[PDB]
Amino acid sequence: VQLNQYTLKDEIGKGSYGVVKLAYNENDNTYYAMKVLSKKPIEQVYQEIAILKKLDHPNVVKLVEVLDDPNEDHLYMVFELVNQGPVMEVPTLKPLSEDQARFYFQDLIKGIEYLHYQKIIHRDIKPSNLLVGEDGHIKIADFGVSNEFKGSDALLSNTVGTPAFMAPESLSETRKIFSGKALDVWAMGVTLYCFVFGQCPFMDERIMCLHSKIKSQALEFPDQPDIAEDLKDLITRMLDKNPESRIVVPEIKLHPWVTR
Ligand SMILES: Cc1[nH]c(/C=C2\C(=O)Nc3ccccc32)c(C)c1CCC(=O)O
Ligand SMILES: [Cl-]
């Protein structure tokens, strides 16, 4: 299977919106990650492309080129390959050590701060969208449901993303307006909890009960593994159900657990 200079190889991931295949560029003897889409709706794809084109940061995946033939049902987004893949699988019985979690969380902070400075809300932060690069550092992937805003913050009313990572203020049964940056912070807190415990803090196979726990169940830390108190403080602050008192990224950067 060829597509201009690219040979499609085996699958390497299903994010949101498509499937990703390893791809060999015969012109430069280099592997890439190719997202393949079947037109099934397409406005959102070209907004992801437009967002990706604006971004250039070591902790954000790099869109290389787009292959769109109007006579083809398939549309191809070529990314730079992130050779080591997602930072971890959730759930797992072998979570990261605190020191490993901090190393990756520092990259996540820098990438989110950059995205927000670029006026992008990611909306799907989770470990499987955090890819480990050649040098061991994280690259944030999958902008399939990201939002671009004008002004100081996004003012949003739509519910998108991965259910276990959705912030409780996005789960009102009344299309209320909520702000964007705090959504990414919440998902960062669920992500950090996942790093050290290997499962999400709020879990239910019944989607109604999952929504209800995100919105109303107090955060509980397992007895094991035994994590430091300042890490518990940081996670608690990011998983503040009230978005107005939830910790903000300029504070996360300063948090004692982050800086030691
Ligand atoms: C650039 C890139 N790589 C991948 C996947 C992998 C990658 O690169 N090495 C890997 C090594 C092992 C497993 C997956 C991967 C994805 C999902 C994306 C982004 C796709 C997107 O943003 O929608
Ligand atoms: Cl995940």
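Going by the PDB entry, the residues shown for chain A are 160-199, 229-448, listed in order. Read the numbers this way: they start at 1 and go in the same order the structure lists the ligands and their atoms. These values consider heavy atoms only, across backbone and side chains, with no hydrogens, waters or symmetry-generated copies.
The drug placed at ligand 1 in this model is SU6668. Measured by close contacts, the chief partner of SU6668 is listed under the PDB entry as Calcium/calmodulin-dependent protein kinase kinase 2. Checked by distance only, SU6668 and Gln272 stay at 3.5 Å or farther apart across all their nitrogen or oxygen atoms. Counting only heavy atoms of the protein, atom 12 (C) of SU6668 lies nearest to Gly273 CA, 3.6 Å. The closest protein non-hydrogen atom to atom 22 (O) of SU6668 is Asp330 N, 3.0 Å. By UniProt annotation, the domain of chain A supplying most contacts to SU6668 is Protein kinase. In this structure, atom 17 (C) of SU6668 lies nearest to the protein heavy atom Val179 CG2, 3.7 Å. Using 4.0 Å as the cut-off, no other ligands or ions are found near SU6668. Nearest to atom 19 (C) of SU6668 among the protein's heavy atoms is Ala329 CB, 3.9 Å.
With a heavy-atom cut-off of 4.0 Å, SU6668 reaches these UniProt ATP-binding residues of chain A: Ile171, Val179, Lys194.
Annotation: atom 20 (C) of SU6668 to nearest protein heavy atom, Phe267 CE1, 4.0 Å. Contact atoms of SU6668 toward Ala192: 1 (C), 2 (C), 3 (N) (distance under 4.0 Å to a heavy atom of the residue). A heavy-atom separation below 4.0 Å is not found between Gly172 and SU6668. Close to SU6668: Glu268, with a non-hydrogen atom less than 4.0 angstrom away. Proximity to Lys194 (heavy-atom distance under 4.0 Å) selects the following atoms of SU6668: 23 (O). At a 3.5 angstrom cut-off on N or O pairs, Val270 counts as close to SU6668. In terms of protein heavy-atom proximity, atom 14 (C) of SU6668 is closest to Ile171 O, 3.1 Å. When distances are taken between heavy atoms and rounded to 1 Å, the UniProt active-site residue of chain A closest to SU6668 turns out to be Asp312, 9 Å.
From the protein, the heavy atom lying nearest to atom 3 (N) of SU6668 is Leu319 CD1, 3.4 Å. With non-hydrogen distances under 4.0 Å, the site around SU6668 consists of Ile171, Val179, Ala192, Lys194, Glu236, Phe267, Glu268, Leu269, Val270, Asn271, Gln272, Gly273, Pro274, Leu319, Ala329, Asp330.
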